[PDB]
Peer 1: 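One structure, pasted below without further comment.
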Amino acid sequence: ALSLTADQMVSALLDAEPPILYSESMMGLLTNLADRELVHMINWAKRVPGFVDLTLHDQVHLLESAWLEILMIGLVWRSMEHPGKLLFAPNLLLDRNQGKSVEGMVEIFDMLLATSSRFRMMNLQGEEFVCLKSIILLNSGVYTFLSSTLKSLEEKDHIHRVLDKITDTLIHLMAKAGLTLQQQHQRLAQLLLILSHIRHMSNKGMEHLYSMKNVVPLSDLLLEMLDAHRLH
Amino acid sequence: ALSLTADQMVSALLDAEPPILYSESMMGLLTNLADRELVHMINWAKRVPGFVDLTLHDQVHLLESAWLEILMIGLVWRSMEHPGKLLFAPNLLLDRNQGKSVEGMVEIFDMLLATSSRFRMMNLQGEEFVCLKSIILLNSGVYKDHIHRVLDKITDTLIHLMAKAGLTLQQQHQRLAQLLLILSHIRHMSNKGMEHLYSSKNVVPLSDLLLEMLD
Ligand SMILES: Cc1c(-c2ccc(O)cc2)n(Cc2ccc(OCCN3CCCCCC3)cc2)c2ccc(O)cc12
Ligand SMILES: Cc1c(-c2ccc(O)cc2)n(Cc2ccc(OCCN3CCCCCC3)cc2)c2ccc(O)cc12
């Protein structure tokens, strides 16, 4: 993981991409969709270099922290070519007014759409997207490990080393595309700052999802998926 | 005023730094302190290169969106040397057990402590800190062009500072990334803090208060 090159990081990340799922009232469809995506999210996470090096506990923690962000950046990505609409699924393309049908949703909708617009304006590349998504996975929960064990310190150091490698990969992509050094740093910063907005959206989204909340605790579901046996 | 050098930007940012305020029931004192810090925050913002070029509408918007983040990073910054504690003020140094005293605070408390621990492990520098804080101001409401131009300028300035500390180009973009990802955590803390504080908000807009402070 730490010995991979930039080209090999990109390659692994592209390979790891989950499928685009299809929708099979509107909130039910959306909720079913998210539920199905989660499973594929875990498989993806397990294929992000370094992730399986972590403890199962930490793996759960990172996903528990990042799952909505991860859903969102994927949505924003899929939607980038559909101005004013969100492509939840290839057969579930929703607009703003469709969002009003659900109490509390348009505000999130409008935020998602603006982020999609912002990606469009930057001409975000696929190679860039997967690096960002991976960053989200490894970063979002890293400051909330409520533990100061030696093992935990080791985990966090590993996480930041992998994060460093992904940064190296982003710059590499940008240099390859002919960007000057100054333009590289600037673009790196612009993209990373978008993650702050995605976090923000995620917290607003969690509130919203809670206003409409019975359920198994997410942790145990994540472990079940994550904690697989080795029997194949 | 994109025309400043990196050195000049850093200088302007360091000089713009607000004072450390004092306290004279915990929540009353905290609220009173934050309320007083806000005015100084407004005057700090006015001295951030590029900020006054914005419309007042936009100045107000940035401030309304960024104020708690700004209070937090300052708090974390002055709490670095107080392991296990948060220095809200020189005379208001509180531990997590003191935070547990207010329903819903200890979670945010622990997060602020983790952030201070991260800053400590990163050996965050003053010059870095003032750029970060400037980035928070200009980035927290943007979701435009002049704002991005100034943001780009602050990115250049951070890089400049890291180059001048002797870091390889690889180390530079690695550290730049590390610092900007911390801002995700700060936004997160702000979101959670805002949830906490409202658990209820005024009818009168904060925008009006901010507008009046700029006078
Ligand atoms: C961003 C986004 C949303 C969404 C989320 C929050 C909102 O307030 C509005 C829309 N939705 C709708 C939605 C998202 C998440 C939902 O979570 C319900 C909770 N549970 C099921 C989801 C998996 C893990 C947590 C348990 C329910 C509905 C998406 C569906 C698929 C997708 O790829 C992206 C999204
Ligand atoms: C980080 C931080 C907090 C805080 C708030 C909530 C938490 O759960 C944890 C810490 N507090 C406590 C606190 C922060 C903000 C508060 O805002 C409520 C009133 N606001 C009036 C309208 C907006 C401008 C600021 C005041 C009330 C209390 C701080 C005080 C000073 C300071 O420099 C930093 C902080």
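Chains: lettered A, B, ... by order of sequence lines. Following the PDB entry, chain A shows residues 307-330, 341-529, 532-550, kept in their order. All residue numbers given for chain B refer to the PDB entry; the residues shown span 307-330, 341-459, 472-527, 530-545 in order. When a ligand or atom number is given, it counts from 1 through the structure's own listing order.
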Peer 1: Any chance you know which drug is at ligand 2?
Peer 2: bazedoxifene
Peer 1: Can you help me out? I need the name, per the PDB entry, of the chain with the largest number of contacts to bazedoxifene (ligand 2).
Peer 2: Estrogen receptor
Peer 1: Any idea which other chains have a non-hydrogen atom closer than 4.0 Å to bazedoxifene (ligand 2)?
Peer 2: B
Peer 1: For bazedoxifene (ligand 2) and B:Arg394, I'd like to know whether there is a polar contact (N/O to N/O, distance under 3.5 Å).
Peer 2: yes
Peer 1: For bazedoxifene (ligand 2), which atoms have a heavy atom of B:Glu353 less than 4.0 angstrom away?
Peer 2: 31 (C), 32 (C), 33 (O)
Peer 1: Can you list the bazedoxifene (ligand 2) atoms lying under 4.0 Å from a non-hydrogen atom of B:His524?
Peer 2: 7 (C), 8 (O)
Peer 1: Which UniProt domain of chain B gets most of the contacts from bazedoxifene (ligand 2)?
Peer 2: NR LBD
Peer 1: What are the atoms of bazedoxifene (ligand 2), with element, lying closer than 4.0 Å to any heavy atom of B:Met343?
Peer 2: 28 (C)
Peer 1: What atoms of bazedoxifene (ligand 2) come within less than 4.0 Å of a heavy atom belonging to B:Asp351?
Peer 2: 19 (C), 20 (N), 21 (C), 25 (C), 26 (C)
Peer 1: Which bazedoxifene (ligand 2) atoms are under 4.0 Å away from a heavy-atom of B:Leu354?
Peer 2: 24 (C)
Peer 1: With heavy-atom distances below 4.0 Å as the criterion, list the atoms of bazedoxifene (ligand 2) near B:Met388.
Peer 2: 1 (C)
Peer 1: In this entry, what is the source organism recorded for chain B?
Peer 2: Homo sapiens
Peer 1: Near B:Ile424, which atoms of bazedoxifene (ligand 2) are under 4.0 Å from a heavy atom of that residue?
Peer 2: 7 (C), 8 (O), 9 (C)
Peer 1: Side chain or backbone, does B:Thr347 bring an N or O within less than 3.5 Å of an N or O on bazedoxifene (ligand 2)?
Peer 2: no
